[PDB]
Amino acid sequence: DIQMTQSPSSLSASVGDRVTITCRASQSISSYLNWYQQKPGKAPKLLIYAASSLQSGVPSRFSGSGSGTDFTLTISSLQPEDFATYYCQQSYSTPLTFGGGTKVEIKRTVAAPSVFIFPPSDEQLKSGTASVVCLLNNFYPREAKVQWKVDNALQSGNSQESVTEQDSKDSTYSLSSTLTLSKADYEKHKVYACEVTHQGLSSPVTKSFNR
Amino acid sequence: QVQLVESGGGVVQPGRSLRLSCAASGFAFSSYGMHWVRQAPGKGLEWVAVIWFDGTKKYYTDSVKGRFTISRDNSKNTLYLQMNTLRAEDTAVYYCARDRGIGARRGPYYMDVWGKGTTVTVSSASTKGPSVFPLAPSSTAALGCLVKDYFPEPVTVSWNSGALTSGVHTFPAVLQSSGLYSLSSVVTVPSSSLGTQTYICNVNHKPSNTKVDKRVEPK
């Protein structure tokens, strides 16, 4: 099998910026490499085939180069419709393999998250489960760290989080983290805290409540 | 006009079977190789299988060998994927794509035309409507609704019957270890507004015919 390593996995840029994406093959695949663009909820769209051949109708600001193991996709000046995820694909031998993808996102100024914590409702507690929610709102960049502490015990493995896509009007992100406990474990403890780390904050921000 | 129309996806239990169809129009179907490519939720593209233009040579990724069968009916201009012995990891959007091929042997070259995809969900969970719990605001304030323990996707969430849109963030669903999905929808409002303004999240889970209007108040 031929592994295709794509880098970087993500990048932020502005309109008019030049963008370079790299795909590396585990062995020589000659020029049998293709580049695809994909937007959320949409099928992939072919941009370049045979390493350097533009698919008909693809704007000329897209270009591809390389042969053997090293390949590059270049957008000479980024346009608003170019913010998407890009995939490389070797077509040299089966099994056909794709790169892990490169997500091109919008560049903006740092914005710290507004943090809120939500205790479980009494309604849910009658069901036998307690969900505690921490909301990180309208921040940039996307990377943020959330730590759950119950009576100063770090919670690990009992939380899930999801992140929105960049807001259309301000390009911020929002993140929610849900800590799931049984009702018995929730009633056994008092202090519930969500500690947020972000580059917009000079030191971690903790929001908490006492049951 | 070149078209690849897909169908046949659905929600099934592990061990069960599905058959996907990809009906082509607007080109010489019998002169193209055809691929199946899948994309699990939030993941990348994974090649599944290919079939030659004349239906002779077929190739598969290792994880579907002996379970999936690619085939084509050139008289109907249709490509198929018989998916047997399904596993939870087979959950993905499945795309078909044409490949003109290269060489006298006609090995894969590039995929220039794609179907829009059909969704396959493999899970031992059964259909269940969600419970809607409030995310009450306390002491610019944030509130929302926790739409927990439903299957399958999707649910829709609006606020105040569509009349409240700005400040609203409806997060992507997460799959819990129970096999049930959960998502949260939040909205920020001015702190002053809370005393008089009314706030209701409108939750609709069509697969279970569950419709819930939940009002969110300060506790």
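In this entry the chain letters A, B, ... are assigned according to the order of the sequence lines. Following the PDB entry, chain A shows residues 1-211, kept in their order. Here the PDB entry sets the residue numbers for chain B, with the shown residues being 1-139, 146-225 in order.
The drug occupying chains A and B is aducanumab. Looking at the entry, the name attached to chain A is Aducanumab light chain.
By its own naming, the entry calls chain B Aducanumab heavy chain.
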